[PDB]
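Depicted below, salicylic acid in association with PH-interacting protein.
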Amino acid sequence: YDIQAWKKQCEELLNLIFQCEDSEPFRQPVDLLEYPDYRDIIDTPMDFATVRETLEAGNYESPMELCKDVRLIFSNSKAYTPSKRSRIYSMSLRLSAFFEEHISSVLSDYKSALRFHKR
Ligand SMILES: O=C(O)c1ccccc1O
């Protein structure tokens, strides 16, 4: 029932993601010189370094907020891809499955901690 435990759990999950080869296209903001039409399709760029920095700055109030930003990295890849069989989009799908399988317990534990506190 540790209400604060999600933060270190998310830091550790981000460490695992940064080690994953599938995260390489998503570690830093999409290079706008390499993809000049990116902002014509994507309204809100997001990347894992931004997520980590937001977390480290103390600017997430809950793991659900972090999860919304990570999910935005994946939805941006899905929206920008010219093909559902592209290399970068295929990496995003694997990385998304890995993230979802690991974040589930972080969210569950946080929500359980809040409920225990309210009780
Ligand atoms: O699928 C792609 O080719 C792609 C390229 C740049 C950024 C995100 C992407 O999904």
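The numbering of chain A matches the PDB entry: 1316-1434, in order. Counting convention: from 1, in listed order, for ligands and their atoms alike. FYI, side chains are in, hydrogens and waters are out, and symmetry mates aren't considered; it's all heavy atoms of this structure.
In this entry, the organism cited as the source of chain A is Homo sapiens. Within the listing of salicylic acid, atoms 1 (O), 2 (C), 3 (O) sit less than 4.0 angstrom from a heavy atom of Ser1401. Close contacts between salicylic acid and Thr1396 involve ligand atoms 1 (O), 2 (C), 10 (O) [criterion: under 4.0 Å to a heavy atom].
The atoms of salicylic acid that sit less than 4.0 Å from any heavy atom of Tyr1395 are 4 (C), 5 (C), 6 (C), 7 (C), 8 (C), 9 (C). The dominant UniProt domain at the interface of chain A with salicylic acid is Bromo 2. At a heavy-atom distance under 4.0 Å, atoms from both the backbone and the side chain of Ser1392 approach salicylic acid.
Measured on heavy atoms with a 4.0 Å cut-off, the binding site of salicylic acid is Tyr1350, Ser1392, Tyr1395, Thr1396, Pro1397, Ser1401, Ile1403, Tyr1404.
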